J.: 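Encoded as structure tokens, here's the structure I'll be asking about.
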Amino acid sequence: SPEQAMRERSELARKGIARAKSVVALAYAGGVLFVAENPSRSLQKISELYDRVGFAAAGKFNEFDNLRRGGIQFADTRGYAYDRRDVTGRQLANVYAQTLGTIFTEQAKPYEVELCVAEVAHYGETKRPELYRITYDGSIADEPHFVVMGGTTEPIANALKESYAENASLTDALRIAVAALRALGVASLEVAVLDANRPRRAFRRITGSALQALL
Amino acid sequence: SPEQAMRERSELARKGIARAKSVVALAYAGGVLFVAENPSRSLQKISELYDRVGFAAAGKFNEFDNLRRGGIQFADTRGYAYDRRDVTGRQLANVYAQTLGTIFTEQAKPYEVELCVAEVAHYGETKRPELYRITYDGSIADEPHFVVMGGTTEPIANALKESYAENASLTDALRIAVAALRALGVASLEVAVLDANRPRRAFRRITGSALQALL
Amino acid sequence: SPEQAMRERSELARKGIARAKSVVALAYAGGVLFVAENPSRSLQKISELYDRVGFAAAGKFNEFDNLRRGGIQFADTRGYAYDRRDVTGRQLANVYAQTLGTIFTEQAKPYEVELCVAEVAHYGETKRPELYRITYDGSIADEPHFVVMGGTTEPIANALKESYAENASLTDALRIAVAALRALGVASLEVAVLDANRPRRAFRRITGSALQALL
Amino acid sequence: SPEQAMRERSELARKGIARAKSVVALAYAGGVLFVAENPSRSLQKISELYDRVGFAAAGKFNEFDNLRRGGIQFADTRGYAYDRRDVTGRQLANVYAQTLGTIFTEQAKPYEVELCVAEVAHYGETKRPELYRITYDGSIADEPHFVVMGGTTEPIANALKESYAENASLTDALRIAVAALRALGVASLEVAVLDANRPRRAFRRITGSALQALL
Amino acid sequence: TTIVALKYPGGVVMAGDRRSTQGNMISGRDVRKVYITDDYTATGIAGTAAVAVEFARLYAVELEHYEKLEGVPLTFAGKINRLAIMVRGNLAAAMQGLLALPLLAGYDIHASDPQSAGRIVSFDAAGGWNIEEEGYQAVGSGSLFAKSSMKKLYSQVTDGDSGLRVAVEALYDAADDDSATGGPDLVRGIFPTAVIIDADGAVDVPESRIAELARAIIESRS
Amino acid sequence: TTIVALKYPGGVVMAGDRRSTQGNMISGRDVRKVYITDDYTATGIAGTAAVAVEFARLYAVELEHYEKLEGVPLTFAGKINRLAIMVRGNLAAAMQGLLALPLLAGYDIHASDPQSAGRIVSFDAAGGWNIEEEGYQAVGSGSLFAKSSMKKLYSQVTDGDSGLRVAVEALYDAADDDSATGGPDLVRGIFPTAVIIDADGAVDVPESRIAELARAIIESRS
Amino acid sequence: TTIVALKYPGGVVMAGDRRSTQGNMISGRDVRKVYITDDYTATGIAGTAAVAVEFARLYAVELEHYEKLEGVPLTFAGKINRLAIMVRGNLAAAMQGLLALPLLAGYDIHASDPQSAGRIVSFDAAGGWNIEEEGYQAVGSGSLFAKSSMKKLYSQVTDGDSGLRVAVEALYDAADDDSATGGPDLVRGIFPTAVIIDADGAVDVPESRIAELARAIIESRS
Amino acid sequence: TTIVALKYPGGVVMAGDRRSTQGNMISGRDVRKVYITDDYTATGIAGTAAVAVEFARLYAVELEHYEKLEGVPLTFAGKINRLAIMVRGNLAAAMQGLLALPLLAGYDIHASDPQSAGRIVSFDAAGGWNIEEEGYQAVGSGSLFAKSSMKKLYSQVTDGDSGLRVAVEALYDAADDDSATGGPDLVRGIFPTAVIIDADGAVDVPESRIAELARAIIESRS
Ligand SMILES: CC(C)C[C@H](NC(=O)CNC(=O)c1cc(Cl)ccc1Cl)B(O)O
Ligand SMILES: CC(C)C[C@H](NC(=O)CNC(=O)c1cc(Cl)ccc1Cl)B(O)O
Ligand SMILES: CC(C)C[C@H](NC(=O)CNC(=O)c1cc(Cl)ccc1Cl)B(O)O
Ligand SMILES: CC(C)C[C@H](NC(=O)CNC(=O)c1cc(Cl)ccc1Cl)B(O)O
């Protein structure tokens, strides 16, 4: 029966997601902030897709690494095809949703991943940042405030909802995200930002002495 | 047994359709009006296929987005092949029915979608608008007055049948559709029209202050 | 049910790993040291991948020999593609993880192998050696101190953890590794080193009278 | 379950091997000696692969005949590719192991064969002969003294172990092998040798009056 | 070879000659060069005979196939596009010596004004098409003489009879000036062929009317 | 063939002639060589007629297809890239005798300053494109004469009327110096065609204004 | 076309002219021929314009793609190999009339000595590359005159200002000796373009400094 | 271009010049034409520069790949066969103007007599190879003069120093007789490059010894 197969695959994906760590994406005055708990300094969960697009993932590393590489390929080929300013995060989210749906339908084992795509405005412009969340089955949703993926997200979601403040500063948003995730020093922490004030490329990492100074 | 497989697939499609929102397409003096309940401003359920053809869908977004893209491809290739005036909505409806039947027969998981195609007359001509409804299994039907898809359609269908008035105005038809769907402000509302009085392209969206003024 | 299939395949791989010998990789002041218990002088378990990359494996010989050959092919083609200094061990580890995951997912019988990739710094530079461990299912991990694979690793891991000393000499590290593995003369021993002080190629074997002198 | 399939296939291969005759390969001062019990004068079990490589097989004739032909093809193509002196028995053993593993994994019915590859030194050189044994599942082992395949090998192995003498003569080794196999006149006997004293080609058969004279 | 087409208030008229030659040798005396593609369209092709017949039969089959498949006939622009594609596909064979040049006449039933519903379309060797607006067109090797005759004789056209007479006179002038065009034959009784398209459809003209017109023209010139 | 384009404060104006020739023989008198691709862009192609119409229809379809697929129109650089790719793909056919050279005019709605929002782009046979910064450009066989006339007449342009008059004068000079360019016809009443693009979109110019301007220029020259 | 590059203690400077010609006719007056590929590398291509822009955009995209994929930028030898492969792939198109010749300048951040970190690489039509060790290089049709001028003017270079002045003087000499190279324009105000690469990255030189240097050189020569 | 190789009791010595030309114009002054393929083999290629570097890098990668794959290095005959296959594969490109001719020198460690372990192999454009038995060989455009000089100077070779001096003298004679070969430069300080292979491996010769030998030879000739 198709029902039993779909239920079993969904349960497998749910367990795989539940036995993973937590990634949190927030929107502040300067743009988008990604915070994850990762001890390793060689394997990364937050990456840059294009000039103003950022990618976050939760789950198995070798499963979303391929998705990240494919997204970069799509973005570069489209940018060379028409123009750099004709690339948006909605197209990447749609491509990811289609790929995840096809994998969940046809492949023997579904992918245990949760994806988030963030986009900010171009230089010299005012626009609300956009956050899209994609699940294992291919569902795509738009989140206006924050995204929390991986592990037990209910306490983190409740803490963020009670503590979220719009137009917050970088330090305040970082402290709020850290407090929400705790419910974590220089080690076992990965912090990235999409700087809307940067001219062309907006993605940058905050690691080392600067992270401790801002913590 | 083939019977059990077909019954299980039909039940899955029925549940998928039943757990979705409602889309309503009406015919008024100015043409065709599409009304849907959609909170997101980035994902759309009503679209334009050609100069005088409009497309509406209910179900999973990533499932009917592919169908919409395929329909646009067919229409543009046929228009370049022979002429722009040789493209009609019946051909698109037949193509959609064939594709949906093939998917329901061969693919492992059937599509949980419900499609509606609307066509109006050319500029300077008088003709009744045509509405076609396509289901998951490939059945195609012609509706003279209105189409209601998605969710529990029985109360909405009864309200529309009791309240339908031919040759109604735009504001009256919009209010009647809203009342039928309630049994809904600027937010969580998607309204589109096929303007038969427009010279070449008839599809246009009504959003923002104009929607509130007409509501 | 997918759960039962995955559990059975994992159990088969676990038994295959458990019925094998033990390989130990340590980091000392001069670089990386590989120690294995192998009586045969014609079949080897420790090999060189590139100028500063070393490969170790535990399990079935004919299963990881193919992986070793593929890794050498990837490294030589990439080195000719861009440059010799653009090749790192992380890329090889990622390729191995992807290949092992694909084999575990699609192939009828999973591979009963455990892989370790070691990398040292270039000549005239100071950098911590990197050790990556790859399992049968495709999981990849980074180990800062030592790697123990194959057989019953718990007593060996405990002995190494209690006896590990940073910045140790070659003789002391070799004796410590031998003592940990015992809990072994010239015969049934395979010892290799990645010499960070060598100009271009760092891999070299220690066999014969030198091994007895250092033992 | 994969376990039951692997167990059943292994049991089938074990029965097929057990219901076959016995082949014995020994190492003496002049090189390698192959002795088999074969009444037919047209179907042979001992063959030559290259200048200094010899092949022996136990099991179904039509199953290892194909393997022998493939090995000859590999050796001739490699010899023409680089040189005649760049061909060794270890490469042939590895190729045979890979082929047998692939057959045991993918093919519907596993091969009921046991293979032995022997190599001697070049002319004017001193080196220990090498003997490799390959089983149905793809396992490859190195034997320093002797190889016994097919049928009930335990009494033959015990007799050879108790009676083996290093640096023996041709007649003494032949008599010892015959005595071990008995626990056999001109008929139903196949004897071959790899003569290390021959200039280029080392394989030669001993049949007819010479065999009786040496018996 | 010369094929003429012209417009009159109410419709169109197309006419063609009957001579086929192989170099300077006369090979055919009663060849028909004008076809009725459908109820409201006529085509005339000049050049290699085999290519012309193949093009005509293929065009008719394609139009009928579309009409049967879709349940509705094509519009005029669609037919023009199909003919242009067919012509463009023969460019490689048009070079090296297999050339066919068509001319199209038709009546548009979707036009608002029934009087100005006749259309004449000309084509070039590369597949480009042009819609005439002067009221007449000619194709073939004697097209220049026929066009120059129509330029002076077009002021007399009032209805179908006038247009048919003008077309016959233009064909006569083209045959007078060109040796590859066949004139009226009175010894044998062979005359050009004409098709008239109007609101009721496309009809072949009987040979008696054309014979009478040709005899009148010959008497006038004598 | 000559197509001119120029900039005025507020937008752009593009103009073209109507003559089509086959060697030294006149074949067409009322050909239209300027198209409206979308709401803010106009294109003019010179060369083989069939290739030009094919290129225009294909470009329009591609732009509309992208707009319908993505729900947002392309930027100016994307349109330039698409046109350059289309031109580059015809290099092999550009050799041996099927050549088409386009010229693009547009209005950028994303520009910070609405006054300096008009753009003119020229192309070469290999697919290279250039954005003009002098304020005018011409394409075709009579482009040199038109450019030399605009070089002297550009100081008078102040608004749309001045630019249209200058464009008509440049076309008149090009027709005076070149025999493959059609001048104004007063016997028949055929005049060049113009398109004006500004912040409200692209609009075709009515023929009465162009006729008045041409008559004034002819009277001035007499 | 002439592009020059030279080394000074601390980095490199690259300069190029702005003239584009079609035979003996001047087609472009303000063409930019120098690009910033990444934070520490500049490229200048001579030959067919379209091929040059295509090569530049492709090289930049490839470098950015590798940097994003691997998380670490390529080394200098890898970039040289990629550029050499790109040049070698165009050999067939380099023959028959689509030729592009690049020149590369860069700053190596992995060099032990920061003073001697500037690198200049030249290429040939077959894909062979050479690393310069004399301190200067020129590409284009006027490269010989520029090289002969730098051979005498190189003893004055001490820092970035001296190198920029020498580069402008070499470009002036090349324009003096070659008619396909554009010299300074004082009527219009168009000057060559320069890029300076040092330990802080690659920066475009403002036009005021180049105008001042060109005016000083012109006054000196007068 | 001239590359020489010769045998001495104990090993082999190979030497090469540094001039690169483009017709009659000097393009390069310090080109290196001799490579160390592995621990006991050296190769020198003459002809097109890019093909030579590509061949060298490919040969080195192939040898290293085989050594890593099989765990044992190839024999001398296998290396000769691989090089011959590589040369034979370029025959089509050798015609029409991309030609590369190699020369190989090596030390055989499997030879019974260590004294007679040096090997010199020459190749032809079709892929045929020959093992020298006279003790010396030269490749390039000036190979005839170098061979004729070695034919007279070979009686003096006793050890490595004598062989190196003879090789430098042969290169000097080749540069004296040929204009495409670079001689010693005393103004700049550029000298030929040499590699010596013996039982301990292959080592590059320091430039001071070659400079001293060249100065002694120049003084002797003066
Ligand atoms: C419809 C067609 C008759 C048009 C005319 N063309 C020709 O007659 C050309 N002739 C032949 O093709 C031909 C006829 C025969 Cl019988 C044998 C060989 C040849 Cl080569 B026209 O004058 O343009
Ligand atoms: C838009 C286009 C009219 C441009 C102009 N080109 C031509 O007129 C070239 N002419 C033909 O292509 C052509 C026309 C016909 Cl009717 C028959 C055969 C030929 Cl070969 B122009 O002057 O550059
Ligand atoms: C960057 C580039 C301007 C370099 C220079 N090359 C050219 O100018 C060659 N010219 C064209 O390619 C060209 C330009 C146009 Cl506008 C029209 C047709 C042609 Cl054919 B140079 O002097 O080497
Ligand atoms: C190793 C190599 C320098 C050998 C020598 N060959 C050449 O120098 C031939 N020259 C070029 O290939 C070449 C060099 C440049 Cl810089 C530009 C264009 C060309 Cl076409 B030799 O004398 O045989």
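So you know, we letter chains A, B, ... as the sequences are listed, proteins then strands, and number each from 1. One-based numbering, in listed order, for ligands and for the atoms of each. Excerpt of entry shown; contacts counted in excerpt. Below, each value reflects all heavy atoms present in this structure, side chains not excepted, and no hydrogens, waters or symmetry copies.
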J.: Any chance you know which drug is at ligand 2?
T.: ixazomib
J.: Give, per the PDB entry, the macromolecule that holds ixazomib (ligand 2) with the most contacts.
T.: Proteasome subunit beta
J.: Using a heavy-atom cut-off of 4.0 Å, enumerate the other chains touching ixazomib (ligand 2).
T.: F
J.: Which nucleotides or residues of neighbouring chains are within 4.0 Å of ixazomib (ligand 2) (non-hydrogen atoms)?
T.: F:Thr1, F:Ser20, F:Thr21, F:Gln22, F:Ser27, F:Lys33, F:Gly47, F:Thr48, F:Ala49
J.: Considering non-hydrogen atoms of the protein only, which is the closest contact for atom 14 (C) of ixazomib (ligand 2), and what is the distance?
T.: F:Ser20 OG, 3.9 Å
J.: My question is simple, although I want it checked carefully: is atom 22 (O) of ixazomib (ligand 2) less than 4.0 angstrom from any protein heavy atom?
T.: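 So far as the 4.0 Å threshold goes, atom 22 (O) of ixazomib (ligand 2) is in reach of a protein heavy atom.
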J.: Of the protein's non-hydrogen atoms, which lies at the shortest distance from atom 5 (C) of ixazomib (ligand 2), and what is that distance?
T.: F:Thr1 OG1, 2.5 Å
J.: Please list, in number order, the atoms of ixazomib (ligand 2) under 4.0 Å from a heavy atom of F:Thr21.
T.: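 Reading through ixazomib (ligand 2) atom by atom, the close ones are 7 (C), 8 (O), 9 (C), 10 (N).
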J.: What's the shortest distance from atom 12 (O) of ixazomib (ligand 2) to any protein heavy atom, and which residue and atom give it?
T.: F:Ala49 N, 3.6 Å
J.: For F:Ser27 and ixazomib (ligand 2), does the shortest N/O to N/O distance drop below 3.5 Å?
T.: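 It does not: no N or O of F:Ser27 is found under 3.5 Å from an N or O of ixazomib (ligand 2).
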J.: Judging by distance only, is a nitrogen or oxygen of F:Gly47 under 3.5 angstrom from one on ixazomib (ligand 2)?
T.: yes
J.: Among protein heavy atoms, which sits nearest to atom 15 (C) of ixazomib (ligand 2), and what does the distance come to when rounded to 0.1 Å?
T.: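 Residue, atom and distance for the closest contact: F:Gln22 OE1, 4.2 Å.
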J.: Quick one: nearest non-hydrogen protein atom to atom 1 (C) of ixazomib (ligand 2), plus distance?
T.: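 Going by distance alone, atom 1 (C) of ixazomib (ligand 2) is nearest to F:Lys33 CG, 3.8 Å.
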